Amino acid sequence: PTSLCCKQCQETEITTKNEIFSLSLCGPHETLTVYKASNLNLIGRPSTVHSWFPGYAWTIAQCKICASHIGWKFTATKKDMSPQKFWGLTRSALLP
Ligand SMILES: O=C1CC[C@@H](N2C(=O)c3ccccc3C2=O)C(=O)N1
Ligand SMILES: [Zn+2]
């Protein structure tokens, strides 16, 4: 009911509406950023190439059940950043 599940298989809860926060600046969208996620397997090592959140690297994250590409784990390159990690999830890969 606050639950966001992999659209492809509908088995797994990936995150909840409670975990949602915003990195985007409110002064002078398609990607959902959450503090915490579940049931995702990480593929490969982190990379900073073309990172959508400067200062973070990304690791591909797919549903552990059906292997659908739901988003990425973003990890901080520097110790002084917060949060040190979060998830960027493709909204259309989630239900609702
Ligand atoms: O933060 C990110 C993570 C995902 C990442 N990405 C793509 O989705 C992608 C698709 C095809 C080639 C290269 C990339 C690429 O680096 C991207 O451009 N930025
Ligand atoms: Zn799935």
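Chain A uses the PDB entry numbers throughout; the residues present, in order, are 321-348, 360-427. Just so you know, these numbers use all the heavy atoms, side chains as well, and skip hydrogens, waters and symmetry mates. Both ligands and their constituent atoms are indexed starting at 1 by order of listing.
By its PDB name, the drug at ligand 1 is thalidomide. Among all chains, the one with more heavy-atom contacts to thalidomide (ligand 1) than any other is, according to UniProt, Protein cereblon. The binding site of thalidomide (ligand 1), defined by non-hydrogen atoms within 4.0 Å, is formed by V380, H381, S382, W383, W389, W403, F405.
Numbered from 1 in the order shown, with element, the atoms of thalidomide (ligand 1) that lie under 4.0 Å from a heavy atom of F405 read 1 (O). Source organism (PDB) for chain A: Mus musculus. Of the residues that UniProt lists as binding Zn(2+) in chain A, none has a heavy atom under 4.0 Å from thalidomide (ligand 1). The shortest N or O to N or O distance between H381 and thalidomide (ligand 1) is under 3.5 Å. With a heavy-atom cut-off of 4.0 Å, thalidomide (ligand 1) reaches these UniProt (S)-thalidomide-binding residues of chain A: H381, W383, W389.
With hydrogens left out, the protein atom closest to atom 15 (C) of thalidomide (ligand 1) is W389 CZ2, 4.3 Å, a heavy atom. In this structure, atom 11 (C) of thalidomide (ligand 1) has no protein heavy-atom contact shorter than 4.0 Å. Within the 4.0 angstrom cut-off, atom 4 (C) of thalidomide (ligand 1) has one or more protein heavy-atom neighbours. Per-atom contact check: atom 17 (C) of thalidomide (ligand 1) touches the protein, criterion being a heavy-atom distance below 4.0 Å.
Counting per UniProt domain, chain A has the most residues touching thalidomide (ligand 1) in cult.
Between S382 and thalidomide (ligand 1), no pair of N/O atoms sits closer than 3.5 Å.
Here the protein heavy atom with the shortest distance to atom 1 (O) of thalidomide (ligand 1) is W383 N, 3.1 Å.
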Name each N or O atom in thalidomide (ligand 1) that is under 3.5 Å from a protein N or O, and give the partner atom and the distance.
unit_1                 : atom_1 : unit_2 : atom_2 : d
thalidomide (ligand 1) : 1 (O)  : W383   : N      : 3.1
thalidomide (ligand 1) : 18 (O) : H381   : O      : 3.4
thalidomide (ligand 1) : 18 (O) : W383   : NE1    : 3.2
thalidomide (ligand 1) : 19 (N) : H381   : O      : 3.0
thalidomide (ligand 1) : 19 (N) : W383   : NE1    : 2.9

